[PDB]
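A structure with thiostrepton.
Note on naming: letters A, B, ... go to the chains in the order of the sequence lines (proteins, then strands), and numbering restarts at 1 for each one. Unusual residues are spelled as their parent or as X, and atoms beyond the parent do not add to contacts. FYI, side chains are in, hydrogens and waters are out, and symmetry mates aren't considered; it's all heavy atoms of this structure.
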Amino acid sequence: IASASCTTXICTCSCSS
Amino acid sequence: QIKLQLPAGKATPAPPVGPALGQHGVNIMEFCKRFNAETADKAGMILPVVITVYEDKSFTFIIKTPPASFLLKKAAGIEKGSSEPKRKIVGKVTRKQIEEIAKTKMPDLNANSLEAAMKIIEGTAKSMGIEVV
RNA sequence: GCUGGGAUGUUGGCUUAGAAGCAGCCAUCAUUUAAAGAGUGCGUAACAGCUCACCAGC
């Protein structure tokens, strides 16, 4: 339901490092 | 090089598209309008496209024929495949229908004969609880 | 042992946020093949990537 970089269907995913 | 199955005339959503290739360098907006451009000829169906992104973030993409499972679902008039293929049949299609799908997907199939093509399609139907009659 | 290949439907169906050979359940066909599992293990969030089966040359 939340994270950064890490799912397929709601909206987060990734985006730095 | 990314690949996904986007519906005919539709694109841009974050959950479905965006994040996906949007994290490889691709510029969503350009693809959405572009994809939805030629995906006009064939609308309503879910078609798989293979996006390719060059070092300069630019990109191209080939549009293929819709998945077998998809066409099959459509043909059997169902919305989902059996939850337990073979153990529970959730739909069925005529041998002629297999012929239609095999013909439709031919450009993406490697069969040397319409017979081999149908045998391929049948393999998919057998995997989603769809029978042939 | 070494090198190369290990392909197509297809990310199989379901499930799931995702579930793409590899969390889990069901199925495990077909094609093109010299050969290549609806995949042995590692791996990824899922992909990717590595590896094994299998085949070929030496």
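Taking every copy into account, the model assigns thiostrepton to chain A. Looking only at contacts, the largest set of contacts to thiostrepton (chain A) comes from what the PDB entry names RNA. With a cut-off of 4.5 Å on heavy atoms, the other chains touching thiostrepton (chain A) are B, C. The binding site of thiostrepton (chain A), defined by non-hydrogen atoms within 4.5 Å, is formed by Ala14(B), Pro15(B), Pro16(B), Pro19(B), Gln23(B), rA17(C), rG18(C), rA45(C). With a heavy-atom cut-off of 4.5 Å, the residues of thiostrepton (chain A) that touch RNA chain C are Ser5(A), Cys6(A), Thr7(A), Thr8(A), Unk9(A), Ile10(A), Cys13(A). According to the deposit, the name of chain B is 50S ribosomal protein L11. Source organism of RNA chain C, per the entry: Thermotoga maritima.
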